[PDB]
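Sequence positions for chain A are given in the PDB entry numbering; the residues included correspond to 1-15, 17-120, in order. Both counts, for ligands and for their atoms, begin at 1 and track the order of listing.
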Amino acid sequence: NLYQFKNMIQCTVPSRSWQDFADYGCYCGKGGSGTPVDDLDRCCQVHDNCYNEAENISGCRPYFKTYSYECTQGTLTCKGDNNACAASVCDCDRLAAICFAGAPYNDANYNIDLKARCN
Ligand SMILES: O=C(O)c1cccnc1Nc1cccc(C(F)(F)F)c1
Ligand SMILES: [Ca+2]
């Protein structure tokens, strides 16, 4: 769930407050339309899709599902005790968190006008 995702970020990208990722580009946060303004936006685009895919599994709600995972000594691990749904979301979240750490941050891309720039 979002809390867990929020926590995967704080551990993967300590140097940056998680809210910097809450509303950025066209995909990070809400929205799922338009052209990803940059690599970091691409990370979120892939993330949004992943979630969408996970939604196909019955009763599976990526924002709310509580899954099992851990982050220590620089490693993020989705544990073996996750059912299909949990396993999927966790992986969605884990992959995004890793992508985030590797993606450059462009202050100009924070809080952009979705209605006008993501069509
Ligand atoms: O999408 C991301 O990458 C993200 C990253 C950090 C925090 N929040 C994020 N998203 C996000 C998306 C919808 C609603 C919320 C909210 F509930 F906090 F408002 C957060
Ligand atoms: Ca989104």
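The compound at ligand 1 is the drug or drug candidate niflumic acid.
The chief contact partner of niflumic acid (ligand 1) in this model is named by UniProt as Acidic phospholipase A2 3. Less than 4.0 angstrom separates atom 10 (N) of niflumic acid (ligand 1) from at least one non-hydrogen atom of the protein. Atom numbering of niflumic acid (ligand 1) starts at 1 in the shown order; those under 4.0 Å from a heavy atom of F101 are 3 (O). Residue, atom and distance of the protein heavy atom nearest to atom 1 (O) of niflumic acid (ligand 1) are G30 N, 3.0 Å. Of all atoms in niflumic acid (ligand 1), listed by their number and element, those nearer than 4.0 Å to a heavy atom of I9 are 5 (C), 6 (C). My check of the UniProt Ca(2+)-binding residues in chain A for heavy atoms under 4.0 Å from niflumic acid (ligand 1) returns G30. Here the protein heavy atom with the shortest distance to atom 4 (C) of niflumic acid (ligand 1) is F22 O, 3.6 Å. Note: no N/O pair closer than 3.5 Å links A23 and niflumic acid (ligand 1) by distance alone. Of the candidates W19, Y25, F5, it is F5 that places a heavy atom closest to atom 2 (C) of niflumic acid (ligand 1).
Among protein heavy atoms, the minimum distance from atom 20 (C) of niflumic acid (ligand 1) is reached at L2 CD2, 3.7 Å.
Counting heavy atoms only, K6 comes closest to atom 18 (F) of niflumic acid (ligand 1) of the residues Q20, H48, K6. When only non-hydrogen protein atoms are considered, atom 13 (C) of niflumic acid (ligand 1) lies nearest to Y64 CE2, 3.4 Å.
Measured between heavy atoms and rounded to 1 Å, the nearest UniProt active-site residue of chain A to niflumic acid (ligand 1) is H48, 5 Å. The binding site of niflumic acid (ligand 1), defined by non-hydrogen atoms within 4.0 Å, is formed by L2, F5, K6, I9, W19, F22, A23, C29, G30, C45, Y64, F101.
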